[PDB]
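Just so it is clear, chain A uses the PDB entry numbers, and the residues here are 2-301, in order. Indexing begins at 1, ligand by ligand and atom by atom, following the structure's order.
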Amino acid sequence: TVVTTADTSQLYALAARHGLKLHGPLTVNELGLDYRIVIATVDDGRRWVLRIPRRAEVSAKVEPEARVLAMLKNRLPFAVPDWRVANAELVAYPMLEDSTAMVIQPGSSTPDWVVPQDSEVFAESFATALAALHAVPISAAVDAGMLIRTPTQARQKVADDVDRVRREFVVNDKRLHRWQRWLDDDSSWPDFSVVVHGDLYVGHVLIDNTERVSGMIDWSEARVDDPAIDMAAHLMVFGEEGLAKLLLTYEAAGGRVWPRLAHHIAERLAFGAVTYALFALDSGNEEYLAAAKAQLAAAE
Ligand SMILES: CC[C@H]1OC(=O)[C@H](C)[C@@H](O[C@H]2C[C@@](C)(OC)[C@@H](O)[C@H](C)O2)[C@H](C)[C@@H](O[C@@H]2O[C@H](C)C[C@H](N(C)C)[C@H]2O)[C@](C)(O)C[C@@H](C)C(=O)[C@H](C)[C@@H](O)[C@]1(C)O
Ligand SMILES: Nc1nc2c(ncn2[C@@H]2O[C@H](CO)[C@@H](O)[C@H]2O)c(=O)[nH]1
């Protein structure tokens, strides 16, 4: 006998309760704070992703996300997870076998690989894919019960997040002033909202062998909100040059822009410190909290 991390008997029983018969290789990621993620082979010869909520508060999020994905399926020219099982104890979908646009070993802080800066096919297809997502009608989001933020509500959410961090943490004065100046800078903020992915970066984008965007995964943060939310990570990973190329093609593909969009994206990226700190706080994880506190106290 050999000790293995996966509990095959419990996983089999769980899947079988939802009409899936596990048979063959599987792999387990337990590093998620909210879900256990298993990639398992099923008797259809196919690999499936089992997204297993850990606790009642996580399970509560399954039904609304399922409605989002069901709405998005026909309205995007790329693949999203097809949640053929979606309930409080299990989400399961056939694996989208195309690679993520970055590869990282679980637990590692350094990727093995990220789609290259000079991949024009990736850059271009990510820009058009993003324009397509942001073109999903608001009416479809409303009909699917999505979280909707008007421009005023979008700005209020950012203000609320900043204020929550200010209450719970001690923040570098210049950082605080940056965020406040941003919140007060009317010209930075868009006069419309769009359907956003909400957690979009190379690790949640799938690409085919040619590096063309073919899918997006991990839609739990999707909502109607500020478009720049989905562009901050592109600026981090690909720099100002990558951002410039993105904005030209996004606009050419029909994406709605505004004159200070590039500036706003950079402020959104800086606001990632707030997002991280609140994630750390809500996680209860002391290592994440240690990192957040150190970042917040530090000068940018
Ligand atoms: C390049 C490759 C690296 O990716 C990033 O830099 C991108 C660009 C971050 O997004 C950036 C940009 C942005 C906008 O998110 C896309 C911003 O919100 C976050 C804070 O930082 C990611 C993804 C962050 O995750 C996000 O952290 C959120 C607190 C919660 C969110 N999710 C579970 C809800 C989650 O995905 C976060 C913190 O870096 C993940 C930890 C694990 C890492 O340190 C890992 C190792 C990363 O360094 C990375 C994978 O190697
Ligand atoms: N290539 C691929 N990776 C996935 C899929 N679903 C989940 N993942 C991986 O598992 C993580 C948690 O959902 C993701 O961030 C990816 O690394 C999928 O359908 N295709």
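- Going by contact count, the macromolecule most engaged with ligand 1 is what the PDB entry calls Macrolide 2'-phosphotransferase.
- What sits at ligand 1 is the drug erythromycin.
- Some N or O of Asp200 is nearer than 3.5 Å to an N or O of erythromycin (ligand 1), by distance alone.
- Looking from atom 27 (O) of erythromycin (ligand 1) to the surrounding protein, the closest heavy atom is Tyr277 CD1, 4.7 Å.
- For atom 37 (C) of erythromycin (ligand 1), the nearest protein heavy atom is 4.0 Å or more away.
- For atom 9 (C) of erythromycin (ligand 1), no protein heavy-atom neighbour is present inside the 4.0 Å cut-off.
- For atom 32 (N) of erythromycin (ligand 1), a protein non-hydrogen atom is found at a distance below 4.0 Å.
- Less than 4.0 angstrom separates some heavy atom of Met237 from each of these atoms of erythromycin (ligand 1): 6 (O), 8 (C), 11 (C).
- Atom 18 (O) of erythromycin (ligand 1) has as its closest protein heavy atom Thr276 CG2, 3.8 Å.
- For atom 3 (C) of erythromycin (ligand 1), the nearest non-hydrogen atom of the protein is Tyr202 CE1, 4.5 Å.
- Close approach of erythromycin (ligand 1) to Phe280 (heavy-atom distance below 4.0 Å) involves ligand atoms 29 (C), 30 (C).
- The nearest heavy-atom contact from the protein to atom 13 (C) of erythromycin (ligand 1) is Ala234 CB, 4.9 Å.
- When hydrogens are left out, the protein atom nearest atom 17 (C) of erythromycin (ligand 1) is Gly273 CA, 4.6 Å; that is the closest non-hydrogen contact.
- Here the protein heavy atom with the shortest distance to atom 14 (C) of erythromycin (ligand 1) is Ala233 CB, 4.4 Å.
- For atom 1 (C) of erythromycin (ligand 1), the closest heavy atom belonging to the protein is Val238 CG2, 3.9 Å.
- In terms of protein heavy atoms, atom 48 (O) of erythromycin (ligand 1) is closest to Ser110 O, 4.5 Å.
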